[PDB]
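Model: Bromodomain-containing protein 2 / ligand BI 2536.
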Amino acid sequence: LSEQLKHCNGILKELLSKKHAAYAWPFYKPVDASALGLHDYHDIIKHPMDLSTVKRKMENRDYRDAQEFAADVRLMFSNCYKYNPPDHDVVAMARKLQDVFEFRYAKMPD
Ligand SMILES: CC[C@@H]1C(=O)N(C)c2cnc(Nc3ccc(C(=O)NC4CCN(C)CC4)cc3OC)nc2N1C1CCCC1
Ligand SMILES: [Cl-]
């Protein structure tokens, strides 16, 4: 991994770590819409994303640069902001995890 992608990998490891789990857990794995009874989820969300998919993409060297990684993490949060009412607990969790992400992403070496 390039130096910028090492930083992205560090962020990802942090987002998956036990100290953020109280608000990160909804983002760990792909939404199982049928299991949750959300039969409109895949009509509304065209491009699902979650942290385990980001991790697999990192491991497989799919991301060619930090921008492509950031776009996927942000897509995950946007899906949450699109599907759920803005006062939902899951949205509050997203906002908190996105705060973790954006502040550390901004420290990217360059
Ligand atoms: C996809 C919509 C939105 C979102 O954006 N993401 C990312 C999401 C990701 N993961 C979840 N996951 C779970 C969400 C609720 C429950 C749950 O409450 N289960 C009960 C627990 C106690 N038991 C006696 C009966 C069942 C379990 C979940 O997975 C473990 N929910 C998400 N939500 C929420 C889904 C509907 C409201 C918002
Ligand atoms: Cl972006």
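Start at 1 with the first residue, then count along the sequence. Both counts, for ligands and for their atoms, begin at 1 and track the order of listing. In what follows, every heavy atom counts, from backbone to side chain, and hydrogens, waters and symmetry copies are set aside. For this deposited structure, the header notes the method as X-ray crystallography, 1.4 Å.
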I'm trying to find BI 2536 in this model - which chains or ligands should I check?
ligand 1
What would you say the binding site of BI 2536 is, if we count heavy atoms under 4.0 Å?
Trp25, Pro26, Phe27, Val31, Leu36, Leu38, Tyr41, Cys80, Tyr83, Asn84, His88, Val90
Provide the number and element of each atom of BI 2536 under 4.0 Å from a heavy atom of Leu38.
1 (C), 2 (C), 35 (C)
Note the single closest protein heavy atom to atom 37 (C) of BI 2536, along with its residue, its atom name and the distance in Å.
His88 NE2, 3.6 Å
Shortest protein heavy-atom distance from atom 30 (C) of BI 2536, along with the residue and atom involved
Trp25 CZ3, 3.9 Å
Which UniProt domain in chain A is home to the majority of contacts with BI 2536?
Bromo 2
Closest non-hydrogen protein atom to atom 33 (N) of BI 2536, residue and atom name please, with distance?
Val90 CG2, 3.9 Å
With nothing but distance in play, are any N or O atoms of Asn84 less than 3.5 Å from an N or O of BI 2536?
yes
What does the entry say the source organism of chain A is?
Homo sapiens
Which protein N or O atoms sit under 3.5 Å from any N or O of BI 2536? Give atom names and distances.
residue: BI 2536; atom: 5 (O); partner: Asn84; partner atom: ND2; Å: 2.9

